[PDB]
Chemist: 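Here's what I've got: abiraterone, bound to Steroid 17-alpha-hydroxylase/17,20 lyase.
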Amino acid sequence: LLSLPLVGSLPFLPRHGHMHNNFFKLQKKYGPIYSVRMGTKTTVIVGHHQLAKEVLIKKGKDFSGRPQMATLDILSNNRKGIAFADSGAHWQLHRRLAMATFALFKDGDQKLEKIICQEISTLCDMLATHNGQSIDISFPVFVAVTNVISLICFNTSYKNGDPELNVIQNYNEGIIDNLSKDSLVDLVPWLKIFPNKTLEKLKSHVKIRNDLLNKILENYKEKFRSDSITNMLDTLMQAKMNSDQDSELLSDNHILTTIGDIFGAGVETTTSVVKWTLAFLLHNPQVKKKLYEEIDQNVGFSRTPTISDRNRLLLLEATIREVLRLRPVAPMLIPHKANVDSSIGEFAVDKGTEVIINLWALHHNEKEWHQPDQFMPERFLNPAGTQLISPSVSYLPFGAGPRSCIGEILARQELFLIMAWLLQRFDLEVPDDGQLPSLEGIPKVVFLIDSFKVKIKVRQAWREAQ
Ligand code: HEM
Ligand SMILES: C[C@]12CC[C@H](O)CC1=CC[C@@H]1[C@@H]2CC[C@]2(C)C(c3cccnc3)=CC[C@@H]12
């Protein structure tokens with residue numbers, strides 16, 4: 001009896017389980033690095049820290065490209081901006097300019113810390129009005145980080161109730177919904193196989209974002225003054241005029257897309273990580289208690305938390321690290337591409353090949369982490385409890401090398417201060433129908449969590465101390 005001709009083969013079911021996990025499970029059979037061919041395109045998945053660092057750092061330049069995707073073409077206006085732009089002059093310039101802008105916020109009058117604390121104050125005052133009630137903290141937190149990133153991009157913010165905030169939220173949700181069904185990584189390109197309206201819907205949401213950004217740029221062409229460079233838009237406009245090989249790379253569209261990447265990332269990443277952190281604390285009341293104890297003893301109630309408090313609030317800084325391990329914002333980073341013929345772990349990799357780092361695998365490798373599927377912030381502390389440690393070399397929440405996260409400083413500060421101020425001021429408890437958030441998650445371009453509610457109450461201790 002003969003065997004059928006095989007015209008296709010995939011190692012697991014599509015749309016069943018999470019991609020990053022399915023790739024991980026495959027490592028038991030096939031090892032830490034393997035490939036899949038889809039028509040013409042070849043993709044390599046890497047799931048061990050040694051090989052990953054070779055791709056991100058040692059041979060960083062070789063693998064610093066980004067593959068092209070139809071959905072991403074639309075969001076990025078054909079591969080402009082930073083995150084989805086191929087390696088090249090545009091990417092390098094705009095990335096550099098964006099980084100240079102965060103320097104303008106490291107100290108002084110417009111210090112990043114104060115900008116953030118300003119908006120966390122408004123957030124806390126608003127949340128306190130919901131004393132006694134169960135609520136979804138998504139929108140209130142969304143506003144807070146939106147204002148922070150707006151101040152950094154334009155030196156503007158939004159008053160309570162500005163409906164432009166509801167507009168942004170709508171298109172943010174719609175774009176994220178249609179940019180990918182699940183992860184950006186998608187074995188079969190269903191998009192091109194069956195008739196569908198994904199690109200149509202995606203365009204309609206992107207159009208609204210772009211119209212709003214254009215509106216902002218046009219209104220700002222007048223307020224721009226050369227001697228005063230205080231925000232990201234200033235920096236980008238100052239560069240364009242400074243010419244005078246550089247000027248074609250700073251068109252209006254190049255500038256808006258870059259601002260768009262920053263505005264989007266600044267808001268959806270940090271918002272997501274905050275929700276994830278709360279969710280874990282509702283599942284782990286023992287940890288939560290230890291965090292209240294820690295903050296009462298090291299900051300108390302006579303002032304509000306500041307960045308310098310990260311030197312004393314160690315369990316908090318560790319809790320954040322452990323969320324970023326267990327539920328990475330980008331569990332498969334963003335896809336990389338080989339710019340040139342090269343190699344990984346002595347295996348050949350052709351120019352143009354897609355390369356994916358399975359960070360989830362790195363963060364859950366059993367030989368590198370003790371009980372990796374557990375939420376244990378303790379692992380990032382010495383046994384004493386008195387200083388932070390790095391227990392594994394297999395940890396890269398913000399990536400590394402040329403395409404590493406450029407918003408890391410901002411993220412870490414936003415996350416630390418938000419959690420700090422909330423814990424000082426609020427009991428955050430399971431709602432009265434004792435529903436706990438699902439920790440399973442929803443993979444999109446970002447690793448999101450199902451919406452959930454939290455009962456919020458002002459703390460007796462915080463009240464007494466007024
Ligand atoms: C918890 C928060 C965040 C985490 C864990 C995070 C992590 C990451 C990761 C894993 C990557 C991909 C690295 C790669 O593709 O090799 C990335 C890229 C990027 N991140 Fe974030 N990020 C966070 C927040 C932010 C924020 C607040 C910004 C604000 C500007 C930002 C801006 C970017 C940009 C522009 C890229 C593209 C880099 C490039 O292609 O050159 N991120 N980030
Ligand atoms: C789609 C979205 C967010 C929805 C916006 O309407 C469009 C947008 C621009 C930037 C995207 C961002 C989602 C987060 C992305 C993909 C991101 C990011 C994501 C996670 C970690 N670090 C960076 C950088 C580009 C960011």
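The first residue of the sequence shown is numbered 1, and numbering continues consecutively from there. Excluded from the calculations below are hydrogen atoms, water molecules and symmetry mates; all remaining heavy atoms, backbone and side chain alike, are included. First listed ligand is number 1; within each ligand, the first listed atom is number 1.
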Chemist: Locate abiraterone in the structure and include all copies.
Modeler: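 You'll find it at ligand 2.
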Chemist: State the covalent attachment site of abiraterone as residue and atom, or none.
Modeler: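 The covalent partner is absent; none is modeled.
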Chemist: Name the UniProt substrate-binding residues of chain A with a heavy atom closer than 4.0 Å to abiraterone.
Modeler: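 Among UniProt's substrate binders, a heavy atom under 4.0 Å is found in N172.
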Chemist: Any idea which residues from other chains are within 4.0 Å of abiraterone, non-hydrogen atoms only?
Modeler: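 At that heavy-atom cut-off, the residues are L75, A83, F84, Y171, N172, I175, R209, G260, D261, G264, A265, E268, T269, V329, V445, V446.
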